[PDB]
Amino acid sequence: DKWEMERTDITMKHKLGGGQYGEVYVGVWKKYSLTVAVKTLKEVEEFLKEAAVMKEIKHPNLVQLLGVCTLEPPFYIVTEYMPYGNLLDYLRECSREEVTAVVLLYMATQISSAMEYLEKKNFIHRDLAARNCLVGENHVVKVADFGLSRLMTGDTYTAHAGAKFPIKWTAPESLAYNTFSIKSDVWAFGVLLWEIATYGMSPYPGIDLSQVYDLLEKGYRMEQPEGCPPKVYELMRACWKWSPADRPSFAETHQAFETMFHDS
Ligand SMILES: Cc1nc(Nc2ncc(C(=O)Nc3c(C)cccc3Cl)s2)cc(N2CCN(CCO)CC2)n1
Ligand SMILES: [Zn+2]
């Protein structure tokens, strides 16, 4: 676009995460001594859809695009580099004396502020999870993995038939009828919050995948994690209302966390 770069501006240092689809590297942009992350693929417009969505989004809590290389293979997307990796591994491995309750709360305020931004732009993410969040210094958390993100035309996006999703993060109307909406991102946010409050447990632990929809339909929701405040649990419960209209908006979610945050 106007976001092209010459391949030779960047030195690929080491690999961070390979794919069945494609791989991820850390590199240096010589011309500024800046560390960047570089995503790539081989044997286009899918990989590119992610590029196109990140062009349009500019919020301090969404991993920022720095450029692209998309006239010749290998094709590159380049972004700022998050030094402490994905949020899930960060939670599982941190010092709990260093990440307190108040840090966990801060992390959630950041995420709700990125989604507040994206809801107003009418983008859906479609893969909210703690594995798809990235961490930086000072406990900056940034939302990432935008490869299923889409600008919606109205209020619902329907994915193709035959399309399979991570069950424990996906809203029931999405599992039943394949319908995504901002409200289905709300649900996954809920599930993300519980991953945070538990320092990185797996959702529905010890429940067969095959039973989740049904359990849900008959009323079951995950329980309050140990140490999690009532109001944060009630918020996380509102995210899981069976009816998408009944769930909160990301404005409201953001409002509730900023408020809790300032009151500590
Ligand atoms: C897998 C991984 N990513 C890291 N940082 C990233 N920054 C930006 C990344 C990225 O994916 N951006 C991006 C997005 C969001 C969309 C399209 C295209 C692109 Cl390019 S990935 C750090 C890291 N860690 C290795 C383990 N170490 C543990 C010690 O704490 C520390 C570092 N591992
Ligand atoms: Zn707000």
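Following the PDB entry, chain A shows residues 279-321, 326-546, kept in their order. Start at 1 and go down the list; that is how both ligands and their atoms are numbered. Looks like X-ray crystallography, 2.5 Å, at least that's what the header says. FYI, side chains are in, hydrogens and waters are out, and symmetry mates aren't considered; it's all heavy atoms of this structure.
The chain sharing the greatest contact count with ligand 1 is, according to the PDB entry, Non-specific protein-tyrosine kinase. Choosing among dasatinib, nanvuranlat, ricolinostat, doxycycline, delavirdine, one finds at ligand 1 the drug dasatinib. Taking atom 16 (C) of dasatinib (ligand 1) as the reference point, the nearest protein heavy-atom neighbour is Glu332 OE2, 3.2 Å. Counting protein heavy atoms only, atom 31 (C) of dasatinib (ligand 1) is closest to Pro365 O, 3.1 Å. Distances from atom 29 (C) of dasatinib (ligand 1) to the protein include no heavy-atom value under 4.0 Å.
From the protein, the heavy atom lying nearest to atom 15 (C) of dasatinib (ligand 1) is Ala426 CB, 3.4 Å. The nearest protein atom to atom 24 (N) of dasatinib (ligand 1), hydrogens excluded, is given as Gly367 CA, 3.8 Å; this is a heavy-atom distance.
From the protein, the heavy atom lying nearest to atom 2 (C) of dasatinib (ligand 1) is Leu294 CB, 3.9 Å. The shortest N or O to N or O distance between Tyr363 and dasatinib (ligand 1) is not under 3.5 Å. Comparing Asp427, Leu416, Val345 by heavy-atom distance to atom 21 (S) of dasatinib (ligand 1), the nearest is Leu416. Of the protein's non-hydrogen atoms, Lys317 CD, 3.5 Å is the one closest to atom 18 (C) of dasatinib (ligand 1). Entry annotation: the source organism of chain A is Mus musculus. Of the candidates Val304, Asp371, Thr361, it is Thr361 that places a heavy atom closest to atom 19 (C) of dasatinib (ligand 1). Looking only at protein heavy atoms, the nearest one to atom 4 (C) of dasatinib (ligand 1) is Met364 O, 3.5 Å. Neighbouring residues of dasatinib (ligand 1) under 4.0 Å (non-hydrogen atoms) are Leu294, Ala315, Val316, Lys317, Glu332, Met336, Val345, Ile359, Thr361, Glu362, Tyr363, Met364, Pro365, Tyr366, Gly367, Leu416, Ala426, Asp427.
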For a distance cut-off of 3.5 Å, show me each N or O of dasatinib (ligand 1) paired with any protein N or O, plus the separation.
unit_1, atom_1, unit_2, atom_2, d
dasatinib (ligand 1), 5 (N), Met364, O, 2.9
dasatinib (ligand 1), 7 (N), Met364, N, 2.8
dasatinib (ligand 1), 12 (N), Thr361, OG1, 3.1

